[PDB]
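Section: structure with phenolphthalein.
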Amino acid sequence: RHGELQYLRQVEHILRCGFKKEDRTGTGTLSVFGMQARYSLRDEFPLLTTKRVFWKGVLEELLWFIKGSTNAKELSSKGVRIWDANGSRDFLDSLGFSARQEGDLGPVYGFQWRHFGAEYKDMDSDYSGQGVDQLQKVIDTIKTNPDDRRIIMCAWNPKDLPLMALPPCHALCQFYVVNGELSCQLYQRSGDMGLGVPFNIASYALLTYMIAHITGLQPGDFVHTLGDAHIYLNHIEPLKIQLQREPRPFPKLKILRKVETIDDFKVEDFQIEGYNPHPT
Amino acid sequence: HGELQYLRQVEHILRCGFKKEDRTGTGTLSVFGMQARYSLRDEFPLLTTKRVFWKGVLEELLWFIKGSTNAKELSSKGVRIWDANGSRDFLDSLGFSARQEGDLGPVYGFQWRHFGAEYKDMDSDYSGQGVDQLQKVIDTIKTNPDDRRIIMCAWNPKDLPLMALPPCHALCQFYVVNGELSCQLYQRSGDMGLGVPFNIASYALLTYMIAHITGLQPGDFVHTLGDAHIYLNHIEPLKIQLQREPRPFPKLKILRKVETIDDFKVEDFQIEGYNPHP
Ligand SMILES: O=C1OC(c2ccc(O)cc2)(c2ccc(O)cc2)c2ccccc21
């Protein structure tokens with residue numbers, strides 16, 4: 001009943017029953033369409049243990065989303081370089097974004113979360129007060145109407161898709177409250193089980209911890225829903241080895257001071273305790 | 001039998017759901033996060049343990065497809081499910097007193113065909129405005145079946161204040177493998193007793209239509225729920241329905257070759273072998 005066994009069973013399922021299917025580069029995957037897992041957030045934190053997850057990247061990326069940044073260099077300057085290739089001069093040129101400064105990802109996550117529907121110009125523009133601040137709306141609704149069934153933050157913006165260096169893999173999420181507990185469901189249109197999915201689970205579990213903290217609630221569940229769940233073909237043999245490792249008890253996530261607004265969270269406010277992932 | 005997934009979801013909520021009130025303070029039993037997979041392969045998942053309103057399923061979907069946001073254009077087909085949301089007493093509730101009766105605001109039909117366009121009223125001409133997500137999905141399926149971004153999203157944060165009701169069916173995603181077209185719906189709120197069987201039929205039908213248009217075979221319909229709930233007044237009726245054994249699903253037949261999604265008509269469809277319980 002360790003929560004990571006769900007993830008292992010999803011990987012096993014794709015290895016056994018997935019179909020060969022290729023991505024935009026013509027590279028092969030094994031793929032299943034439509035999966036779901038539930039990770040409890042109650043006195044533990046689902047940071048996967050059968051292979052180490054880049055927690056520093058999880059935390060800094062989420063803080064970067066929250067402040068609305070679309071500059072890959074603003075994340076890279078924290079030592080987190082996962083978005084840098086998508087803002088490179090050559091990649092941006094290949095998409096027709098010649099006039100963009102290097103690092104300008106377009107209206108990706110942070111912009112849609114804080115300024116949905118505003119007109120994007122570039123990554124250095126001031127978007128204060130423009131568009132729908134979905135993130136603060138979710139927090140507001142949780143505080144005042146926890147029964148609400150419309151508590152959604154949606155990064156999928158069909159109008160803005162052509163401007164993005166990458167359309168969001170995490171298309172939308174929904175929050176839910178019962179019994180003083182805050183839950184979150186992510187709709188992820190595409191998930192690389194080997195590398196991306198563990199990171200994305202941590203990301204939305206952390207966001208739920210953050211929002212629960214500032215709304216006075218306790219973390220409940222993170223429900224992970226996938227569209228195209230896939231394993232790259234050259235990852236099959238390492239994953240078969242990983243699948244025979246027993247999960248170690250999940251770590252705990254501690255928030256080290258009372259924080260009042262989502263914008264006030266800082267990297268030093270968080271401590272992962274007892275994280276003991278299997279080595280690679 | 002694929003209907004057993006639905007029955008076990010109902011059973012789970014009656015067993016493990018928590019009491020949770022809705023907008024009207026009326027009580028439900030609720031579970032957050034559920035998923036079921038309904039095969040579309042040589043059968044159609046129109047539930048059999050209780051009759052589903054198939055004519056309403058089909059006419060509502062045709063109404064979405066032509067982009068209408070006028071409940072009176074659907075009611076004129078004898079399908080009244082949207083009429084209350086467009087009534088003058090309900091629009092006034094939401095501060096929409098200057099709005100014509102029947103004007104639902106920028107709901108499914110507008111978002112599917114004109115996402116991002118500026119809504120005015122249900123009588124406006126939106127030709128060529130906004131993103132036609134429906135046609136874009138069909139195009140991408142035809143040209144890039146491997147695409148992992150084949151999404152139609154009715155959830156529009158900018159337009160929510162203008163809507164008579166924000167979409168329960170927030171988005172759906174299509175997927176192609178082995179010549180088969182699948183569809184996954186993200187439904188943020190599901191009334192298991194009254195709404196969900198209708199909703200399953202709707203998106204299974206959309207998948208049959210797009211598969212027909214694109215030369216593919218229907219695959220799976222994957223139903224994902226947020227707040228899956230049962231109104232307390234429905235508990236004993238569902239408890240009886242849970243005792244009913246499902247009959248084999250009917251088949252859906254498309255009676256002619258249709259070239260575009262806009263060309264489908266009610267007469268093109270025939271449900272074969274539908275034998276539901278009362
Ligand atoms: O470069 C990285 O992108 C990943 C990532 C995903 C979502 C996100 O929001 C941020 C990053 C990713 C992993 C696998 C993929 O197939 C594509 C991307 C990732 C996870 C962990 C470590 C590095 C990376």
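Convention: sequence-line order gives letters A, B, ...; per-chain numbering from 1. Both ligands and their constituent atoms are indexed starting at 1 by order of listing. Structure method, as recorded: X-ray crystallography, 1.8 Å.
- The main binding partner of phenolphthalein here is, in the terms of UniProt, Thymidylate synthase.
- Every other chain with a heavy atom under 4.0 Å from phenolphthalein is named here: A.
- Listed by atom number, the atoms of phenolphthalein under 4.0 Å from A:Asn200 heavy atoms are 6 (C), 7 (C), 8 (C).
- Protein heavy atom closest to atom 11 (C) of phenolphthalein, with residue, atom name and distance, is A:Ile82 CD1, 3.7 Å.
- Within phenolphthalein, the atoms closer than 4.0 Å to a non-hydrogen atom of A:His170 are 7 (C), 9 (O), numbered from 1 in the order shown.
- Counting atoms of phenolphthalein from 1 in the listed order, those under 4.0 Å from a heavy atom of A:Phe199 are 10 (C), 20 (C), 21 (C).
- Heavy-atom distances to 1 Å put the closest UniProt active-site residue of chain A relative to phenolphthalein at A:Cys169, 6 Å.
- Per UniProt, the dUMP-binding residues of chain A include some within 4.0 Å of phenolphthalein by heavy atom, namely A:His170, A:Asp192, A:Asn200.
- Distance check on atom 13 (C) of phenolphthalein: some protein heavy atom falls below the 4.0 Å cut-off.
- Under the 4.0 angstrom criterion, atom 1 (O) of phenolphthalein counts as having a protein heavy-atom contact.
- Ranking the protein heavy atoms by distance from atom 22 (C) of phenolphthalein puts A:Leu195 CD1, 3.6 Å first.
- Among the atoms of A:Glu61, some N or O lies under 3.5 angstrom from an N or O of phenolphthalein.
- Using a 4.0 Å threshold on non-hydrogen atoms, atom 20 (C) of phenolphthalein counts as touching the protein.
- Within phenolphthalein, counting atoms from 1 as listed, the ones closer than 4.0 Å to a heavy atom of A:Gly196 are 13 (C), 14 (C).
- Residue, atom and distance of the protein heavy atom nearest to atom 16 (O) of phenolphthalein are A:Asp192 OD2, 2.9 Å.
- In this structure, the binding site of phenolphthalein at 4.0 Å (heavy atoms) is formed by A:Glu61, A:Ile82, A:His170, A:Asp192, A:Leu195, A:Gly196, A:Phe199, A:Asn200.
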